[PDB]
Amino acid sequence: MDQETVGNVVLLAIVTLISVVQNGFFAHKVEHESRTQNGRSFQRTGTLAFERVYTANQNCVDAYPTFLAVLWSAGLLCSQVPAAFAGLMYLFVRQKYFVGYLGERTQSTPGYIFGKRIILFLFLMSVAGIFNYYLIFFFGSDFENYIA
Amino acid sequence: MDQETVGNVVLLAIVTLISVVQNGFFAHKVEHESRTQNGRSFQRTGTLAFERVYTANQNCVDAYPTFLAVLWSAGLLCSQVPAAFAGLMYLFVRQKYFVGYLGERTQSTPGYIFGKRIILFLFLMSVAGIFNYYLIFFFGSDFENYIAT
Amino acid sequence: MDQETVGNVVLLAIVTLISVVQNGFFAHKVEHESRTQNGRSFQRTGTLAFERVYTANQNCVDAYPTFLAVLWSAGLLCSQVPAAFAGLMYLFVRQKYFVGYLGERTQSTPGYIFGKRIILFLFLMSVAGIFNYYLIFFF
Ligand SMILES: CC(C)(C)Sc1c(CC(C)(C)C(=O)O)n(Cc2ccc(Cl)cc2)c2ccc(OCc3ccc4ccccc4n3)cc12
Ligand SMILES: CC(C)(C)Sc1c(CC(C)(C)C(=O)O)n(Cc2ccc(Cl)cc2)c2ccc(OCc3ccc4ccccc4n3)cc12
Ligand SMILES: CC(C)(C)Sc1c(CC(C)(C)C(=O)O)n(Cc2ccc(Cl)cc2)c2ccc(OCc3ccc4ccccc4n3)cc12
């Protein structure tokens, strides 16, 4: 890997490897609940605590992809720094969402979706460069200097 | 990012950002159903409108990854154009499948599949370049002019 | 795409295209069970053959992303070979896990967490170069 390049991605790699690890966690607190009983054949309906976790997890597992998307698209098609930071916050919301979705009655994060703002934003850096590029492509070329 | 490069990917990016947005939709029509279904927390069951939506959605969520795969592999490993268009249709099938799945509840709609032809194709462009590359690696270098004795 | 570059990824592409196809299969053995036992909504603990499959499947579909991640991170950020191989074994565990999580009456494999060691490893190649790069930058 060309040391230069690796430089301008290291952040998204980091953040990604972070989320990669937080992910295995969510997937671990799902083992706890499938174990505390007859999950011995992995019954996908252990109850209250296990149904509350497999739920919270299988809600973050649907977010991962569509997040990673704008995490990079807004990482290459536009500044690898803000893209990687906003992507880091997303790992914070994911924590505080997969957390509150623990249980104990009440409205345990009655949401499937969460950090709408983050991905919305990331998607805006993506849509940013994606456009700004079309400019560098047209009125970026032309600029004819017929200095003959 | 290198202006030239960004150029030969802008389409996959576009199609991708499209699908990213259509995705957020699927996950929005799932919030409507978990909301009217006056729930406290949020279970995977409780209605046929919400159980029909969370289903349609969580069928497209299984497909996103395995599609994104061949969308790019067939986008870099061969033509960024067809790859990007084919991937565009896929977002049309996804629309028409995620739509028929609940509204009609008419036997003809059910199914965890949608667009096997597209991904299959995209996968053929990826398997295309992947091989053709092995040639350029092996035979592309050849040129028996060295027998100019 | 630059023939040189395509060279240093063809492995991860290969393994990936493989897992892409193994994936479509898992998604096929899920069609068989939704067909033999009808349904429009697969969200209530149903047929033990189709509930056993949609489970096994929707257990590998949560793994795909978090695996593909370290598959490449550990493929670019460090050796395209080991990364590609390790990722290959993961496709074998996947087969052996999504297989035992079927059977019949037999103790259908529990725990949807699998190949912990592979991803762990791949994650270490990624965390490898990720750091080693910081040295080449500093030293
Ligand atoms: C990089 C790591 C995390 C150190 S290696 C690793 C590990 C790391 C180890 C060492 C065992 C650990 O932390 O305990 N655990 C377990 C784990 C990970 C993070 C935390 Cl907080 C706590 C426990 C894992 C578990 C699964 C796993 O497999 C991948 C996987 C497969 C299916 C999934 C389905 C849904 C969601 C995530 C999924 N993840 C790889 C690893
Ligand atoms: C342009 C954007 C990127 C869609 S901004 C955005 C938006 C845009 C708007 C409508 C203004 C909003 O924030 O209210 N909604 C809402 C939305 C999205 C698409 C459509 Cl049709 C209609 C409304 C969102 C919702 C979620 C969301 O991300 C989180 C998320 C988490 C888990 C998911 C699991 C499966 C599928 C998608 C998932 N999405 C980003 C956005
Ligand atoms: C590109 C392919 C994979 C070669 S053609 C194909 C195939 C191959 C077959 C069915 C024989 C074919 O298309 O003619 N199956 C099923 C399959 C897979 C392995 C084997 Cl052995 C035999 C049959 C598929 C399934 C889905 C599919 O579409 C993509 C898709 C969409 C939703 C998914 C949801 C969860 C998991 C994976 C998903 N994959 C394309 C194909």
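Below, chains carry the letters A, B, ... as their sequence lines are ordered, and counting in each starts from 1. Atoms within each ligand, like the ligands themselves, are counted from 1 in listed order. Header lists the method as X-ray crystallography, 4.2 Å.
- Out of GDC-0834, MK-591, PT523, AZD4547, the compound modeled at ligand 2 is MK-591.
- Against MK-591 (ligand 2), the chain with more heavy-atom contacts than any other is given by the PDB entry as Arachidonate 5-lipoxygenase-activating protein.
- Contact chains for MK-591 (ligand 2) (heavy atom under 4.0 Å, other chains only): A, B.
- In UniProt's N-terminal ordering, chain A has a heavy atom under 4.0 Å from MK-591 (ligand 2) in these transmembrane segments: 2, 4.
- Source organism of chain A in the entry: Homo sapiens.
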